[PDB]
A.B. asks: 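I have a structure here, written as structure tokens, and I will follow up with some questions on it.
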Amino acid sequence: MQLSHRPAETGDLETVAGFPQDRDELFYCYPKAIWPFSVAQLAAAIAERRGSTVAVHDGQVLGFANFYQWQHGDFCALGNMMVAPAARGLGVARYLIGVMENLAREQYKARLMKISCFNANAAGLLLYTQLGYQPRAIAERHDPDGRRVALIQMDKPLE
Ligand SMILES: CC(=O)OCC1=C(C(=O)O)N2C(=O)[C@@H](NC(=O)Cc3cccs3)[C@H]2SC1
């Protein structure tokens, strides 16, 4: 992958909003969203968040992420991590996580990145582990069906 990145733009929203393929994928990346996902839901997140970034390869937006929490000199928390269904497992998430780590360090002076990952998302848990994130706590949350899920709260120092 020759990958690049830039801030998210209005024109990207329809593409990015197409990434979650089912209600599980949507919950894992945006638990407050309601299925079906929409550009309006995506735009609302962007508005209340920081750092919304896309990853681009060969003219295609393949990934998106942002911060749902940010505390200058302290940390950021990565949110809305979405990857195009045709580009899963190819390094887009790894790439964007690296981008977001740099952004947290440089723009927020963060010492730590937090990532919270739902228990059912094994692929996320494994990736973040491979990227040097360590599990710190488990919180109870509830899915759209009112079922109890475990949110695994991980972090990583940035340097
Ligand atoms: C890496 C990634 O994509 O994380 C998605 C996520 C988000 C998100 O929306 O970006 N999060 C938030 O905004 C947090 N939300 C909660 O802990 C509240 C919840 C209520 C019901 C279930 S979780 C975390 S819960 C995890």
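Chain A is numbered as in the PDB entry; the shown residues are, in order, 1-159. Side chains included, hydrogens not; waters and symmetry mates left out as well; all remaining heavy atoms used. Order of appearance sets the numbers: ligands from 1, and atoms from 1 within every ligand. Going by what the header records, the deposited coordinates were determined by X-ray crystallography, 1.8 Å.
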A.B. asks: In this structure, which of artesunate, sulindac, cefalotin, naltrexone, aficamten is modelled at ligand 1?
C.D. replies: cefalotin
A.B. asks: Name the main binding partner of cefalotin here according to the PDB entry.
C.D. replies: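 It is bound most extensively to Uncharacterized protein.
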A.B. asks: Using a strict cut-off of 4.0 Å, indicate which atoms of cefalotin neighbour a heavy atom of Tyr30.
C.D. replies: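 Going through cefalotin atom by atom, the ones under 4.0 Å from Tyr30 are 9 (O).
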A.B. asks: Where on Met100 is there a heavy atom closer than 4.0 Å to cefalotin, on the side chain, on the backbone, on both, or on neither?
C.D. replies: neither
A.B. asks: Could you tell me whether cefalotin has any atom less than 4.0 Å away from a heavy atom of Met82?
C.D. replies: no
A.B. asks: Which of the numbered atoms in cefalotin are below 4.0 angstrom from a heavy atom of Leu78?
C.D. replies: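 Answer, ordered by atom number: 1 (C).
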A.B. asks: Heavy atom of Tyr128 under 4.0 Å from cefalotin?
C.D. replies: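 Distance cut 4.0 Å: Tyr128 passes for cefalotin.
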A.B. asks: Heavy-atom contacts under 4.0 Å between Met81 and cefalotin: side chain, backbone, both, or neither?
C.D. replies: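 Within the 4.0 Å criterion, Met81 contacts cefalotin through backbone and side-chain atoms alike.
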A.B. asks: Go through cefalotin atom by atom and flag the ones less than 4.0 Å from a non-hydrogen atom of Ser116.
C.D. replies: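 In order of numbering, the contacting atoms are 4 (O), 26 (C).
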A.B. asks: Extract the source organism of chain A from the PDB entry.
C.D. replies: Pseudomonas aeruginosa
A.B. asks: Need the cefalotin atom indices (1-based, order shown) with element for anything under 4.0 Å from a heavy-atom of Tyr28.
C.D. replies: 3 (O), 4 (O), 5 (C)
A.B. asks: Using heavy atoms and a threshold below 4.0 Å, how should the contact between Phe118 and cefalotin be classified: side chain, backbone, both, or neither?
C.D. replies: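 The answer is the side chain of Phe118.
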A.B. asks: Okay, heavy atoms under 4.0 Å: who's in the binding site of cefalotin?
C.D. replies: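 Heavy atoms within 4.0 Å: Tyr28, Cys29, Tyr30, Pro31, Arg49, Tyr68, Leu78, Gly79, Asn80, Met81, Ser116, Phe118, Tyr128, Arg141, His142, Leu151.
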